[PDB]
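Quick note: numbers on chain A are straight from the PDB entry, i.e. 11-196, 261-461, in order. Header entry for method reads electron microscopy, 3.1 Å. Both ligands and their constituent atoms are indexed starting at 1 by order of listing.
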Amino acid sequence: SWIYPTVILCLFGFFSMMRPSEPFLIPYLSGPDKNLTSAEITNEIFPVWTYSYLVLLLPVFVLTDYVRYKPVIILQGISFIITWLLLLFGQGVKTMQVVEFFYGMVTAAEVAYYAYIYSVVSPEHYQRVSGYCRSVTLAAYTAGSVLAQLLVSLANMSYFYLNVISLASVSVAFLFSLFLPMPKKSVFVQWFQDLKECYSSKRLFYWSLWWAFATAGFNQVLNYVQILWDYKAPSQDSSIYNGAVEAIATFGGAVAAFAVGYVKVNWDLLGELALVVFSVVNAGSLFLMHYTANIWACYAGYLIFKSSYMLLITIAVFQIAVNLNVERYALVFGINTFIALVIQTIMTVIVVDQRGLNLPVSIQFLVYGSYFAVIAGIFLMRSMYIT
Ligand SMILES: CCCc1ncc(C[n+]2ccccc2C)c(N)n1
């Protein structure tokens, strides 16, 4: 019953994130392929992606539930084709901003990817499905990652052909999304009131708050983990190591996500326990990622953080899906990702951006670990409040 939609969406998400260009993205548009300077790739190109992500998530959670979650995925698939098509044959920064915009489209519609399956499978499978979905996505990345590595370590494949393989993968993902089964069917203040009815669920607003907050710190860690590794071990070869470790970490997260789907354990009573334990694990790993000036210890801490957070976000998505009791799967997922991106952008402005505090990378992860520890303690003091 649930096997065909789950398998098709898992194949889509695998081929929509099996992107060998992703680990070698910055070298691709900063090397001979595009000849863009590094001060226009991060101060003018990536903020465009962030802004497009915000303004494209804004109509995702509003409209994805109404359109039954397939067109936004199909819009994600087509915009994957546009993103990497302009990433392949678009020179200069004028076209690359448009690509950052379409990648914001694909990332905002990635909310539809997660929320579609809960609108097409019964709640009983919401655990298993969840894991698998998240797992395959993470598997996707690490697959692409390791694939990319081999293509640059054994076949000297140029970054342009890495992006070509990425486009071919997301093209197969678009074809799989075309074959996704269509889910069955089903002023402003009222809409907000509906959101209030959609957010008054049991053990969901707190999982939502974790999603709205912990994933912002996770995305900050994702962005600046390579910079932390460069600070810890300024090695010329470390690059091939760095992304590779991400692969393993992502792979770990994959299996961690694959854990949540596979284990026949009840998160109804262990949801709070899993939240507390693995949020404390994330905080401790982030502190370990910073406090210990050992590159191998930092890699292990990053693997632990990524795997535990992937497990936690899988539990969060599953628990929100079962406890939602409203058809708006992508509204809560979409607004969760939008609020998380808002918090991530705000803490990027303060923590690392020149406009804010501009904290060096040797205290960046200190404050990231402090942020995750604050999140965990908030969910510590919630358990004590429950008593
Ligand atoms: C398709 C090319 C456009 C594009 N590709 C990859 C990223 C990856 N990235 C970069 C910085 C911060 C976060 C993330 C996910 C990006 N922002 N933009």
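The PDB lists the drug found at ligand 1 under the name amprolium. Most-contacted chain for amprolium (ligand 1) in this structure, per the PDB entry: Thiamine transporter 2. Numbering the transmembrane segments of chain A from the N terminus per UniProt gives, for a heavy atom under 4.0 Å from amprolium (ligand 1), the result 2, 3, 4, 7. Per the PDB, the organism of origin for chain A is Homo sapiens. Other-chain residues and nucleotides with a heavy atom under 4.0 Å from amprolium (ligand 1) are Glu32, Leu35, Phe56, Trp59, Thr93, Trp94, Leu97, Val109, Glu110, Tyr113, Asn297.
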